[PDB]
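Okay, so here's the structure we're looking at.
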Amino acid sequence: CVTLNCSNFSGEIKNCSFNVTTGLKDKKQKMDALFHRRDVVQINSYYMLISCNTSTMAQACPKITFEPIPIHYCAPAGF
Amino acid sequence: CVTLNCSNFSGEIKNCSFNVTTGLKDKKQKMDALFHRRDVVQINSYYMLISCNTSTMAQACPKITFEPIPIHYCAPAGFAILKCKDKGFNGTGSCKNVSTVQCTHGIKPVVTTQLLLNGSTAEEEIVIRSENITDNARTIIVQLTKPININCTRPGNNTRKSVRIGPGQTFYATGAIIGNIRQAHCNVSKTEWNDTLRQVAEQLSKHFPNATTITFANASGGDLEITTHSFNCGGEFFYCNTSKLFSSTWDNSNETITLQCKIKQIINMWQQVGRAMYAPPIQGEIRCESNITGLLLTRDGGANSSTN
Amino acid sequence: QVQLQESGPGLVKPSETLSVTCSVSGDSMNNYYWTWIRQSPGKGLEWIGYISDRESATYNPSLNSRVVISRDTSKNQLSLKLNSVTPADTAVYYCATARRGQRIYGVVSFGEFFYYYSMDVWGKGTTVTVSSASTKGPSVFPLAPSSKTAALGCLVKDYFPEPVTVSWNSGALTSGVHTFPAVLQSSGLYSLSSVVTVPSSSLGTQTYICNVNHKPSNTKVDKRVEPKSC
Amino acid sequence: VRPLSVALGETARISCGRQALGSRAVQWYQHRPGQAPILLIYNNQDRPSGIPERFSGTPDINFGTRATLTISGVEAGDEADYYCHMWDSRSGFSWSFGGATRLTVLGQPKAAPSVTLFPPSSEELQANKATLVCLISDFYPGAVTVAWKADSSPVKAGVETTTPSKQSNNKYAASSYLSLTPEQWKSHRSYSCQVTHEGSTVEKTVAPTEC
Ligand SMILES: *[C@@H]1O[C@H](CO)[C@@H](O[C@@H]2O[C@H](CO)[C@@H](O[C@@H]3O[C@H](CO[C@H]4O[C@H](CO[C@H]5O[C@H](CO)[C@@H](O)[C@H](O)[C@@H]5O[C@H]5O[C@H](CO)[C@@H](O)[C@H](O)[C@@H]5O)[C@@H](O)[C@H](O[C@H]5O[C@H](CO)[C@@H](O)[C@H](O)[C@@H]5O)[C@@H]4O)[C@@H](O)[C@H](O[C@H]4O[C@H](CO)[C@@H](O)[C@H](O)[C@@H]4O[C@H]4O[C@H](CO)[C@@H](O)[C@H](O)[C@@H]4O[C@H]4O[C@H](CO)[C@@H](O)[C@H](O)[C@@H]4O)[C@@H]3O)[C@H](O)[C@H]2NC(C)=O)[C@H](O)[C@H]1NC(C)=O
Ligand SMILES: *[C@@H]1O[C@H](CO)[C@@H](O[C@@H]2O[C@H](CO)[C@@H](O[C@@H]3O[C@H](CO[C@H]4O[C@H](CO[C@H]5O[C@H](CO)[C@@H](O)[C@H](O)[C@@H]5O)[C@@H](O)[C@H](O)[C@@H]4O)[C@@H](O)[C@H](O[C@H]4O[C@H](CO)[C@@H](O)[C@H](O)[C@@H]4O)[C@@H]3O)[C@H](O)[C@H]2NC(C)=O)[C@H](O)[C@H]1NC(C)=O
Ligand SMILES: *[C@@H]1O[C@H](CO)[C@@H](O)[C@H](O)[C@H]1NC(C)=O
Ligand SMILES: *[C@@H]1O[C@H](CO)[C@@H](O)[C@H](O)[C@H]1NC(C)=O
Ligand SMILES: *[C@@H]1O[C@H](CO)[C@@H](O)[C@H](O)[C@H]1NC(C)=O
Ligand SMILES: *[C@@H]1O[C@H](CO)[C@@H](O)[C@H](O)[C@H]1NC(C)=O
Ligand SMILES: *[C@@H]1O[C@H](CO)[C@@H](O)[C@H](O)[C@H]1NC(C)=O
Ligand SMILES: *[C@@H]1O[C@H](CO)[C@@H](O)[C@H](O)[C@H]1NC(C)=O
Ligand SMILES: *[C@@H]1O[C@H](CO)[C@@H](O)[C@H](O)[C@H]1NC(C)=O
Ligand SMILES: *[C@@H]1O[C@H](CO)[C@@H](O)[C@H](O)[C@H]1NC(C)=O
Ligand SMILES: *[C@@H]1O[C@H](CO)[C@@H](O)[C@H](O)[C@H]1NC(C)=O
Ligand SMILES: *[C@@H]1O[C@H](CO)[C@@H](O)[C@H](O)[C@H]1NC(C)=O
Ligand SMILES: *[C@@H]1O[C@H](CO)[C@@H](O)[C@H](O)[C@H]1NC(C)=O
Ligand SMILES: *[C@@H]1O[C@H](CO)[C@@H](O)[C@H](O)[C@H]1NC(C)=O
Ligand SMILES: *[C@@H]1O[C@H](CO)[C@@H](O)[C@H](O)[C@H]1NC(C)=O
Ligand SMILES: *[C@@H]1O[C@H](CO)[C@@H](O)[C@H](O)[C@H]1NC(C)=O
Ligand SMILES: *[C@@H]1O[C@H](CO)[C@@H](O)[C@H](O)[C@H]1NC(C)=O
Ligand SMILES: *[C@@H]1O[C@H](CO)[C@@H](O)[C@H](O)[C@H]1NC(C)=O
């Protein structure tokens, strides 16, 4: 949740620039990224991810899939 | 845990100014708050929350209450709970009237020190129970037979302010209160207290010579929980100056008293170094009432025997 | 029968000491507090400060420590001193008693109470003007009654400053008295009038005399009103 | 200053400027122009001796209510300036008396003005001066235009007119002054004071050639 100095991508999608943290703490990371318009809002103009003032954002692992899998709900004996 | 440039509030309570973090990280939050003197210490002067160098502070959710609820501890089949229905029952030993149950009665987890509130009531005579009377190191616990009506009030009309040190991390602090700047206190009917204390002196003389003297004094030394009456009251933690209760002398033969009470928001009960909890503020003036049923007394120990 | 009487010069030069005296009458000065209140034209009445029974005076901090309030026990008078006065200090001065009320809402042990002051008894009030202009005495002229209920009066011409107290027969006639307000001419001087309604049969028998007093000029004029020679 | 206009006989309620902050003890003061200020209600609703029962305060039932001065049966004598003196624990010492509330009573019965023109006195003529005094008493509403007339032509020079002011009878009273010289007073045939009130006109005339 950093200040995102976003530029209009070459409009939805924005090409942003920001400062993060590297493997070190004092050493900061000057990096870029690309997101959608419904991902950040302004505060050129400076942007911030939408959920940074409401709910704790947490990235899901890139290994767990979200594809639905059939489930056969059962019941034990006596039911 | 930031540097708190506190100013003396218009003395306990301080009006502080500090820099936090907003929903953004680089965007910092210049905000204010209000706490008690036992919440921060200096390092005008700059202050810091007391537990920031010891145990990890963590605010409790404003949805989970701390009000005690009766618990009936049970036992499965093959096991049984035996209940001794003896009225005049010394704490341990044989019991002529034993009964069996599968569960206990309503037991409230009353997290309190010294004064036991909302506890069980003894029958007939005030029961005196101690693991060893002649050992001053053992804490003596009593069980009254007549419940009293004690009233503690925080007459400060506090307000809750919601800052956003997120994402998701919301913090509720104390803002500009309304009403009046009235410190916490409790009330005790001096007549019933004196009447109950006299019955205590008549019961303490059963473990001592007939013609003797019973002296009452305030707390000696230790933490503020050992010296002051710790208990909960609508969410806030109260700590009262019990010196006015314990200052009497009794031989063999309509107003109310008040006690100065303090409020602490950063609690470190059970002395667990590493973890801590913050009490969220409670809106409106707080008023709680209870029945004191037990007390945790302690002798002084080494002295000339049977004198005083 | 407590009566407060305001007495002052009515005209002081700028950057000088203003002295006002408040007289206590039908009671002592050791039972209640006393306070000064002024009312400037174009603004509301202003609370200046009070004095307690322990001879400890308290003033309003918005005066830059220029006000001094004192009280005498042998003469039963309340003095008011104001140094480095400005023309903005021109106001009607009232001295009133200060009654100390104690609003209690909680336990008295913790100081859970605040005191409030109310002014039950007030004074008549004097008019004080701060200006570098000099004083000027009034001119009392007896307005003779017409020959054709008759009406007579007295005319007070140009003077400075306000006010001017007008009475009839040294206060022996109060019915039908109507003292009209003065006018502010282009020269900067006031001129008022005062008439009284008397029956026509009283003309030629009663000795009507109007009394005019102007404290800033230190002049008290008594004029005998008589009809014309025709 | 906050204005307020209430008709006769209707129950009026004068609102308070500043609001309360905790346990309050409000004082309502009534001030007449030129007279001594008189408090009507002290401590919420407590009423001192002498104040009629038409005035009432607001109860301190632990907040929830606003300090208001209720005046039942508003008559002509209620026209004055009213101040609200709030005393709460948060604000501490309250020095200012709040914003002034100027109450004005409407619907009063009108009255014909009593005009009385007085010529300059004989002793004033000996002082080489002259002044025509035209007095206007007992008239409502307070809207009167004064016009001096020499013979038949009006004169705008030397005209000193006062603003109409209320007296004790709840009616207005005005006064006009015409500064002249003794030669100008003895030269004209007659002088007249024209007073216009609500369309009507009352005129008084004095002449040097009449006793
Ligand atoms: C734990 O222990 C604590 C310690 O013991 C305990 O703290 C106590 O808390 C309670 C509240 O819970 C406190 O009670 C308050 O007491 C205040 C003071 O009350 C006394 O004084 C008033 C005024 O009486 C005047 O006249 C008498 C003689 O006639 C004098 O002797 C007085 O001094 C006083 O004199 C005035 O003038 C002097 C000269 O100018 C001044 O110097 C002086 O300051 C005064 O201005 C009496 O009326 C009181 O009588 C009441 O109590 C007796 C019992 O003692 C009853 O029998 C009786 O019926 C009355 O109930 C008492 O003598 C009270 O002012 C206060 O009540 C007001 O405040 C509350 C809260 O803000 C309001 O909600 C409430 O509405 C009250 O406001 C009304 O009353 C005041 C009175 O001054 C008015 O100013 C106000 O405008 C308003 O009046 C208007 O409304 C009324 C209806 O609402 C109407 O009837 C009126 O006519 C008017 O229109 C409150 O009761 C107590 O002080 C604490 N301390 C102690 C030691 O007790 C704590 O509670 C305990 N905890 C628990 C859980 O128990
Ligand atoms: C020893 O025992 C005594 C007695 O058992 C303990 O005293 C208890 O203290 C606790 C505080 O520590 C109190 O909890 C509070 O109760 C308040 C009252 O709860 C009731 O009223 C609420 C409001 O309803 C009011 O209005 C309606 C309609 O006008 C009336 O019918 C009604 O009677 C009330 O006058 C209700 O909302 C509530 O459900 C109860 O019915 C509460 O105001 C307070 O919090 C309320 O609001 C919170 C914010 O939303 C909410 O989270 C709460 O759930 C609650 O709604 C709080 O709960 C006990 O009331 C009080 N008595 C009892 C019998 O428990 C004493 O504390 C104890 N000693 C120790 C050391 O623990
Ligand atoms: C944001 O980007 C614009 C465009 O390159 C640049 O002019 C501006 O200085 C940048 N601001 C910050 C704070 O990086
Ligand atoms: C990152 O920080 C550097 C210096 O600390 C600054 O020059 C740069 O503009 C920052 N980047 C953004 C996107 O603000
Ligand atoms: C967070 O910010 C957005 C836009 O600034 C706003 O719409 C939203 O209401 C904010 N969140 C909360 C909880 O107010
Ligand atoms: C702390 O507050 C005081 C009082 O306003 C001020 O003088 C001082 O500069 C402040 N210091 C910091 C570090 O904010
Ligand atoms: C917060 O930071 C700003 C600038 O970064 C500073 O001016 C201010 O004094 C800080 N506040 C405190 C309480 O130190
Ligand atoms: C933390 O600081 C306080 C006061 O500075 C001190 O009393 C306490 O001992 C410190 N904690 C530890 C673990 O030393
Ligand atoms: C046990 O109960 C009986 C009657 O139920 C009673 O008489 C007896 O005193 C009780 N025992 C004790 C030790 O109280
Ligand atoms: C209580 O008294 C009984 C008999 O008097 C005794 O057997 C028992 O040990 C006592 N309990 C304690 C804790 O002293
Ligand atoms: C209690 O402790 C004392 C030592 O202080 C000892 O002499 C006594 O026997 C103990 N009592 C019991 C019942 O064990
Ligand atoms: C406390 O400090 C804040 C800092 O801005 C100030 O606004 C406020 O008036 C002070 N007092 C209270 C009662 O909040
Ligand atoms: C506590 O408050 C209750 C309710 O007002 C009252 O009945 C009781 O007497 C009070 N007790 C004390 C000691 O104040
Ligand atoms: C109160 O305590 C005194 C001192 O021991 C005692 O004499 C008196 O009987 C007691 N009164 C009550 C009602 O308990
Ligand atoms: C206990 O009382 C004594 C005097 O009676 C006092 O000096 C001491 O500070 C008190 N202790 C506490 C913890 O209040
Ligand atoms: C408790 O009260 C006693 C006497 O009332 C006093 O000496 C002592 O200092 C008080 N303790 C505290 C912590 O205020
Ligand atoms: C607290 O203040 C609020 C706001 O004025 C008020 O509505 C409420 O009644 C007050 N409560 C108490 C207990 O003073
Ligand atoms: C306290 O005792 C009274 C009377 O014995 C009872 O009515 C009340 O319920 C008791 N309170 C609690 C919390 O048990």
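Order of the sequence lines sets the chain letters (A, B, ...), proteins ahead of strands, with each chain counted from 1. Readers should note that the entry appears only in part, and the reported contacts come from within that part.
The drug name recorded for chains C and D is 10-1074. The PDB entry gives chain C the name 10-1074 FAB heavy chain.
The name recorded in the entry for chain D is 10-1074 Fab light chain.
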